[PDB]
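Here, indinavir is shown bound to protease RETROPEPSIN.
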There are 2 protein chains.
Amino acid sequence: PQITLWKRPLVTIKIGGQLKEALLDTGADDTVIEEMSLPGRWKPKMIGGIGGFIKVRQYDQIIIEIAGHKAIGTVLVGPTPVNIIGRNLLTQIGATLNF
Amino acid sequence: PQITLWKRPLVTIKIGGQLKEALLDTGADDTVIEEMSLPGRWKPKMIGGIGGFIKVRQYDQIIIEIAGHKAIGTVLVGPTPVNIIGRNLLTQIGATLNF
Ligand SMILES: CC(C)(C)NC(=O)[C@@H]1CN(Cc2cccnc2)CCN1C[C@@H](O)C[C@@H](Cc1ccccc1)C(=O)N[C@H]1c2ccccc2C[C@H]1O
Ligand SMILES: [Cl-]
Ligand SMILES: [Cl-]
């Protein structure tokens, strides 16, 4: 689809068997989801936002369906105020910014 | 252009006669620039992201060029970690996300 930017570009995702709303975020290097369980091993990470850093758990090789499009990649889980689809997964669904 | 997301979507902007690097950020509601001088009066604003909030100075009706495209709109100034072009100006220049 073509998504305009008049409002936040929120879409439905499926991750870990769960449906969530998430933001398509070209400024985000990484994908960051609110607290949930994911399978496999994880390691801690600190990631930096405009207001400082938060501690997250990093899970690799996680499948996500983003507005109907499947992708696999690293997903960070922690106390993010909104669920964020970052560039590591936007690339996989073929998302571009156009003007 | 059509900008892919394999790398950060950094572009050159022009504000106050000077060239700066800035991030095209669909996840940002507003545009916020590192400390610089802008004309006129400012209003207070708090902006929140990952990690919490920062206090910024809001300047309205500022002339700004984004990757060659002319805009006139609200620019926030404050201790942002990187210069960010958000949706208020991305809409002005006609930007969309496409996949
Ligand atoms: C991986 C992670 C998510 C941590 N990345 C970011 O937060 C980066 C940080 N850099 C910076 C960085 C920090 C440390 C190291 N390298 C880089 C600047 C750009 N952000 C990306 C932003 O798009 C993230 C959004 C998230 C958000 C959206 C809505 C509500 C809450 C949080 C963001 O912070 N957006 C906010 C935002 C942004 C600008 C202006 C106004 C507003 C309000 C709000 O829309
Ligand atoms: Cl990845
Ligand atoms: Cl591509």
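Every chain is numbered from 1 and lettered A, B, ... according to where its sequence line falls, protein lines coming before strand lines. Counting starts at 1 for both ligands and their atoms, following the listed order. Because only heavy atoms are used, hydrogens play no part in the values below, and waters and symmetry mates are left out as well, while side chains stay in.
Here, the model contains indinavir as ligand 1.
By chain letter, the other chains having a heavy atom closer than 4.0 Å to indinavir (ligand 1) are A, B. The site surrounding indinavir (ligand 1), defined by heavy atoms under 4.0 Å, contains A:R8, A:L23, A:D25, A:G27, A:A28, A:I47, A:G48, A:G49, A:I50, A:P81, A:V82, A:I84, B:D25, B:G27, B:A28, B:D29, B:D30, B:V32, B:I47, B:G48, B:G49, B:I50, B:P81, B:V82, B:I84. Taking any N or O of A:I47, backbone or side chain, none lies under 3.5 Å from an N or O belonging to indinavir (ligand 1). Backbone and side-chain nitrogen or oxygen atoms of B:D29 are examined, and one is located within less than 3.5 angstrom of a nitrogen or oxygen of indinavir (ligand 1). Of all the atoms in indinavir (ligand 1), the ones that sit under 4.0 Å from a non-hydrogen atom of A:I50 are 34 (O), 37 (C), 38 (C). Heavy-atom contacts of B:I84 reach the following atoms of indinavir (ligand 1): 18 (C), 39 (C) (cutoff under 4.0 Å). At under 3.5 Å, a nitrogen or oxygen of A:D25, whether backbone or side chain, sits near a nitrogen or oxygen of indinavir (ligand 1). For indinavir (ligand 1), other ligands and ions under 4.0 Å: none.
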Could you tell me, for indinavir (ligand 1), which of its N or O atoms are under 3.5 Å from any protein N or O, listing the pairs and their distances rounded to 0.1 Å?
| residue | atom | partner | partner atom | Å |
| --- | --- | --- | --- | --- |
| indinavir (ligand 1) | 23 (O) | A:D25 | OD1 | 2.8 |
| indinavir (ligand 1) | 23 (O) | A:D25 | OD2 | 2.7 |
| indinavir (ligand 1) | 23 (O) | B:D25 | OD1 | 2.9 |
| indinavir (ligand 1) | 23 (O) | B:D25 | OD2 | 2.8 |
| indinavir (ligand 1) | 35 (N) | B:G27 | O | 3.1 |
| indinavir (ligand 1) | 45 (O) | B:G27 | O | 3.3 |
| indinavir (ligand 1) | 45 (O) | B:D29 | N | 3.0 |
| indinavir (ligand 1) | 45 (O) | B:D29 | OD2 | 3.3 |

